[PDB]
Amino acid sequence: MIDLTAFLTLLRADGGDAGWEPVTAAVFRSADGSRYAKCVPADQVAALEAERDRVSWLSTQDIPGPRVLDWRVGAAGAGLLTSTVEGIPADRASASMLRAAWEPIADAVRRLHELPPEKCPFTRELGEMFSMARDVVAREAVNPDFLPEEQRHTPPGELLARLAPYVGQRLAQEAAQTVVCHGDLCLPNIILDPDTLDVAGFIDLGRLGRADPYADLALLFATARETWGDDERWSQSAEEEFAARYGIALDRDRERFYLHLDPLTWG
Ligand SMILES: CN[C@@H]1[C@H](O[C@H]2[C@H](O[C@H]3[C@@H](O)[C@@H](O)[C@@H](NC(=N)N)[C@@H](O)[C@@H]3NC(=N)N)O[C@@H](C)[C@]2(O)C=O)O[C@@H](CO)[C@H](O)[C@H]1O
């Protein structure tokens with residue numbers, strides 16, 4: 001299922017006894033922890049190339065993220081090698097730790113969302129993402145582990161149908177308020193400095209591009225709620241506070257649309 005023999009061949013090609021090992025189209029890490037690679041089969045190479053481009057371009061935008069170390073291709077696919085963003089993935093933070101980071105994350109994400117969207121070479125706009133969802137749902141390829149708990153036992157065709165009639169309205173809201181989004185702004189993709197709890201950088205950038213800011217905020221808030229836990233009241237305060245620091249007035253219906261669409265878009 002995972003082409004370790006092809007991928008390794010790519011990674012080992014420059015020698016130097018690096019001790020590449022799989023850590024998940026797989027992700028590998030060097031023995032010394034200083035480099036990662038993402039590798040994909042032949043069929044997915046354009047998608048990985050577009051990720052490479054996103055990472056390379058973001059390095060010219062003064063937004064903290066990895067550097068592209070190498071791009072390697074062969075008959076059995078491609079690999080994208082990047083520098084480690086050192087620190088602790090935000091999903092691994094305790095509540096207290098995530099509270100230390102919370103205003104720094106709002107600042108960092110605000111900076112990303114302040115890039116001029118019409119200057120971004122990349123897009124993850126809704127017409128693209130909705131089309132992807134139609135495809136995944138047609139292929140019966142939705143992973144229910146990604147859905148909201150209360151949706152996991154509903155057929156994804158039904159779940160797509162709940163969203164389908166809102167696409168026009170949501171496109172009009174996206175036109176009105178487009179930003180450059182991270183594109184998968186779940187807590188594991190925000191690395192924290194383990195001493196100051198400022199943001200060290202962003203990782204997993206293959207969906208970077210124009211979209212409604214809620215394509216990012218929906219994921220960030222939902223995944224932070226895994227940390228904040230049973231505390232419904234702190235979770236709402238936390239989101240209001242985030243919204244005030246970041247500079248947006250919460251639109252819950254729009255946030256929910258993005259939360260409910262995202263899972264349908266993977267596979
Ligand atoms: C599909 N993309 C990845 C995945 O995203 C998921 C992720 O899905 C989560 C929830 O929906 C929730 O019900 C959740 N709830 C449970 N009751 N167990 C999670 O288990 C779940 N995460 C997961 N399977 N890895 O949280 C959601 C906000 C998501 O972004 C939906 O697409 O999960 C992430 C981390 O969990 C990754 O960072 C992603 O890249």
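Numbers for residues simply follow the sequence, beginning at 1. First listed ligand is number 1; within each ligand, the first listed atom is number 1. The basis for the numbers below is simple: all heavy atoms, side chains too, and nothing from hydrogens, waters or symmetry mates.
- Structurally, the main neighbour of ligand 1 is the chain that the PDB entry identifies as Aminoglycoside phosphotransferase.
- The compound at ligand 1, a drug or drug candidate, is named streptomycin.
- If you check which protein heavy atom lies closest to atom 26 (O) of streptomycin, you get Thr223 CG2, 3.8 Å.
- Of all the heavy atoms of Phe146, the ones lying under 4.0 Å from any atom of streptomycin are found in both the backbone and the side chain.
- For atom 30 (O) of streptomycin, the protein comes within 4.0 Å by at least one heavy atom.
- Of the protein's heavy atoms, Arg152 NH1, 3.0 Å lies nearest to atom 17 (N) of streptomycin.
- Within 4.0 Å of atom 7 (C) of streptomycin, not a single protein heavy atom is present.
- In this structure, the protein non-hydrogen atom closest to atom 21 (C) of streptomycin is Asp145 O, 3.7 Å.
- Scanning all protein heavy atoms for the shortest distance to atom 36 (O) of streptomycin gives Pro188 CG, 4.8 Å.
- Among all protein heavy atoms, the one lying closest to atom 32 (O) of streptomycin is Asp262 OD2, 2.7 Å.
- The distance from streptomycin to the heavy atoms of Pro263 drops below 4.0 Å at these ligand atoms: 32 (O).
- The protein atom (non-hydrogen) at minimum distance from atom 40 (O) of streptomycin is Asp184 OD2, 2.6 Å.
- Numbered from 1 in the order shown, with element, the atoms of streptomycin that lie under 4.0 Å from a heavy atom of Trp266 read 1 (C), 2 (N).
- In summary, the atoms of streptomycin found under 4.0 Å from a heavy atom of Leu147, numbered by their order in the structure, are 11 (O), 13 (O).
- Against a heavy-atom cut-off of under 4.0 Å, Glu149 is close to the following atoms of streptomycin: 13 (O).
- Of the protein's non-hydrogen atoms, the one nearest atom 38 (O) of streptomycin is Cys186 CB, 3.3 Å.
- At 4.0 Å, heavy atom to atom, the residues around streptomycin are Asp145, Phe146, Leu147, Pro148, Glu149, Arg152, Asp184, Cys186, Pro188, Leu219, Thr223, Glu226, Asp262, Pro263, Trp266.
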